[PDB]
**Student:** 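Input: one structure, supplied below.
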Amino acid sequence: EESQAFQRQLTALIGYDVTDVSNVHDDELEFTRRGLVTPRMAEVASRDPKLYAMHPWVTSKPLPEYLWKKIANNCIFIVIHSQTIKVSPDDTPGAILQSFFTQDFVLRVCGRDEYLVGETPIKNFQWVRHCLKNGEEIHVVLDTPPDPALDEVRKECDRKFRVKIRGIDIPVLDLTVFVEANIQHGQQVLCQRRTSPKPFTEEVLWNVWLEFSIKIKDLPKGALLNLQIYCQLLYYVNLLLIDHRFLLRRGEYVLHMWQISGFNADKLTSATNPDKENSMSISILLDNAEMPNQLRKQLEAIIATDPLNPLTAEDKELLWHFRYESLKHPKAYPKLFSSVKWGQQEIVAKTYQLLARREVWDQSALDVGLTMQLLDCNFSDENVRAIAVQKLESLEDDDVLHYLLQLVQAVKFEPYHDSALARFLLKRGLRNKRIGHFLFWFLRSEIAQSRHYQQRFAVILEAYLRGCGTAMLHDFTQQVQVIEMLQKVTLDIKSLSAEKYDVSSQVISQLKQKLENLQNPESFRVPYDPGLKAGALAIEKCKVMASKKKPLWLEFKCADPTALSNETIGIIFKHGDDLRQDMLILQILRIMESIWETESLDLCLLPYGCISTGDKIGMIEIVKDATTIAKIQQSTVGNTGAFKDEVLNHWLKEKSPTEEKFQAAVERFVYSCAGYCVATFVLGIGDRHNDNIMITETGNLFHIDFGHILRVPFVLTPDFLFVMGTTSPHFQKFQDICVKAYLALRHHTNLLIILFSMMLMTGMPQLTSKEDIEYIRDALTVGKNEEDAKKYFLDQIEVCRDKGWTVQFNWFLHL
Ligand SMILES: CN(C)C1CCN(C(=O)c2ccc(NC(=O)Nc3ccc(-c4nc(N5CCOCC5)nc(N5CCOCC5)n4)cc3)cc2)CC1
């Protein structure tokens, strides 16, 4: 029936068929599809049709200090389409309109799907704050409110634990293998057993009972039997010992395992390898007063250490014995719940009784760095994780958008498909279309290139698509059609000039040919900027990048006729690199901008849009009027390491007509340069090549390519300095802003550390040992007073000065 065709539509939008039961050994996934029906219908029935249709992008945070200095005498100007109007920062849009009349029309941004509606002061609209930040004019058309009808929804024992290892079987690959069974709880290995080593052949039968030290009723929920094969670790797979019904897992299992590549979130999945033809299989059978002062000081010191400082045994004993004292310190919760013997039923009982009375945690102000910690790989207990989700519930949509990528990623750490976190994401995406757009694209990113989690993520994405309404479904469908067309063009063009050729006649020929052939997809929403709709292509402006991986430089017209400007929307389509790394780094940069805003700073970061759409394939926003610092060098002294340091300021002058425009660009440059210095330093991506640093004609600096990130702490070359002048008066400004921004980030050390380690676990595999994570703790001068930290950053600046083009000259000889 047509219901089946609708499920087909959903499948095509998802990129995976959630009704497939070809790679399941239980009904957990379908159980979750069924359990999600209620949160979906409940948020749908709960949301306001009008605000959900117009999706006003609002914030309750106060107006920053740097935006106030840009205001007139309590007088924001709104150009309505077409007269200008004075308005008070605290003037509601409704009051604005009733003032403009002296009845039901709504103000929509010109050239955008963005609306200034709701009982919010224009002070508090992100588009208005963005216009103020960039000194643009709030241009609005008096449109008629979109029909909410277009959002309508298609209505829907004391025995010890034993595991029998029968054997392993592969048709692939003189070695020797043994099997290893672990009872794991949140990366805590409760107990461990091994089989004897038998020669590695395509079939190894043990028929061996591995008896564990843990008793059946001490198994905690969320505990995993982790089965691994060693020759080095060759393969792994995981089975939940308590399923989604709290039933002890019994029966026969034949689990197709994951292969290792010669620690990260894939090693945790409960999913089995779908590739049953080539993948290693394993076969198994289951059948079953108050403290003294010195101790107070020690406990406080422990609670004070950072999220990476590991807890010794005595530390955990102290935290557990004084658990009720520790419960008053919400900052101690991550460490307290790591001091819990989860393999002991009585201790987990005491732990739940502890969580029972948590008035201090409930009342505390939301601390995201703490919530995230509780949501990471070190916490399986769903009750421990549910309090983090509880705190998350109080985030406004603006903050949800700030943290949505890494919350979605954090879903990879949930033991079960249906989690508090999953339902929270579902709710927030259904309540608000901007969150829903990005939830769609993030879930789909992972569903398109992760067998390890595509099933769970596909269940969540289907749950979302069944409540977002048919309008947004049509939008997603158009977008997916367009992106698939364009990825087809990208790959087919990549095939045509594989290596060692810059650009051919035939190449540009075929590219323009296909783009002309493809345009006969009328209009689609820009995935990295859902307020922008792209129209026809500007075939004449589209080109093959002429990079190693020949990415596509495409440009579209804006489909919105109310659009004021005539600028095209530029998108780069790239295949060959894993752009999820870029998504993560850019999202951390956005969090850094947010942190800086809390302290009335603006470092003019340009976190360009970037959506990973598949396996080593994605799109990148084209910042208009931007060029590489390397290219500005080459243009005046081409193919030479001389790197004449006077050239950047000459270029700035050239592109800025008015000396005043030049000074504005120089100040923009001071700020954006300080911001990128601090950010790349903290993240350990500051030692980049001249070619991966771009600048807008208006002086805004910004880095690109966060996959190719490999000595110097960051890039502060003699040419940036010449744009500053070297001591000088603007270089003093640079150092001042840098110390301020660095200290501002050190004020959120914990959040930055948890986000960084999460990125390491969920982005690219690389090394991702403890060692990679520790660098950031170092760069944030953990356990240091702010004075020494400012000294540390100024020492980094001085190393930059001393090295000169040595760094850049070697980057040039190397590339
Ligand atoms: C160790 N090793 C052997 C490997 C191992 C594995 N591995 C990866 O698998 C991998 C994963 C992710 C990335 N990530 C990535 O590549 N990200 C990106 C790259 C370029 C751009 C760009 N590039 C240009 N061009 C360059 C030159 O001048 C200008 C043109 N322009 C723009 N702009 C957009 C904004 O507006 C202005 C134009 N963006 C934007 C993003 C790379 C590689 C790591 C390396």
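Positions are given from 1, in the same order as the sequence printed here. Ligands are counted one by one from 1 in listed order, and the atoms in each one are counted from 1 as well. Atom set for the values below is all heavy atoms of this structure, side chains included, hydrogens, waters and symmetry mates excluded.
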**Student:** For ligand 1, which of the listed compounds (neomycin, gedatolisib, lapatinib) is correct?
**Tutor:**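 At ligand 1, it's gedatolisib.
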**Student:** Find the chain with the greatest contact count to gedatolisib (ligand 1) and give its name in UniProt.
**Tutor:**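 Greatest contact count: Phosphatidylinositol 4,5-bisphosphate 3-kinase catalytic subunit gamma isoform.
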**Student:** Quick one: which of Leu606, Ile622, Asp578 has a heavy atom closest to atom 11 (C) of gedatolisib (ligand 1)?
**Tutor:**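 The residue whose heavy atom sits nearest atom 11 (C) of gedatolisib (ligand 1) is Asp578.
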**Student:** Compute the shortest N/O to N/O distance between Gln581 and gedatolisib (ligand 1) and return yes if it is under 3.5 Å, no if not.
**Tutor:**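 For gedatolisib (ligand 1), there is no N or O atom that lies under 3.5 Å from one belonging to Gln581.
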**Student:** Which residues overlap between UniProt's ATP-binding set for chain A and those with a heavy atom under 4.0 Å from gedatolisib (ligand 1)?
**Tutor:**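 Short answer: the UniProt residues with a heavy atom that close are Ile572, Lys574, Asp577, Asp578, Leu579, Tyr608, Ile704, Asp705, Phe706, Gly707, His708.
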**Student:** Considering distance alone, does some N or O of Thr628 sit under 3.5 Å from an N or O of gedatolisib (ligand 1)?
**Tutor:**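 Looking only at distances, the answer is yes, because the N/O contact criterion of under 3.5 Å is met.
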**Student:** Return the UniProt domain name for the region of chain A with most contacts to gedatolisib (ligand 1).
**Tutor:**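 In chain A, it is the UniProt domain PI3K/PI4K catalytic.
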**Student:** In this structure, does gedatolisib (ligand 1) have an atom that sits under 4.0 Å from one of the heavy atoms of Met764?
**Tutor:**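 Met764: in contact with gedatolisib (ligand 1) (<4.0 Å).
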**Student:** Out of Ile572, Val623, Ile571, indicate the one that has the non-hydrogen atom closest to atom 31 (N) of gedatolisib (ligand 1).
**Tutor:**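 Shortest heavy-atom distance from atom 31 (N) of gedatolisib (ligand 1): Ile572.
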**Student:** Under 4.0 Å and counting heavy atoms only, is there anything from the protein next to atom 4 (C) of gedatolisib (ligand 1)?
**Tutor:**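 No, no protein heavy atom sits under 4.0 Å from atom 4 (C) of gedatolisib (ligand 1).
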**Student:** I'd like to know whether gedatolisib (ligand 1) has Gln766 as a neighbour, heavy-atom separation below 4.0 Å.
**Tutor:**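 The answer is no: gedatolisib (ligand 1) sits nowhere under 4.0 Å from a heavy atom of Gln766.
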**Student:** Which chain residues come within 4.0 Å of gedatolisib (ligand 1), judged by heavy atoms?
**Tutor:**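 The heavy-atom binding site is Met545, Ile572, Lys574, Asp577, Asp578, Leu579, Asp582, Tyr608, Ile620, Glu621, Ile622, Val623, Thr628, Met694, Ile704, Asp705, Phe706, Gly707, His708, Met764.
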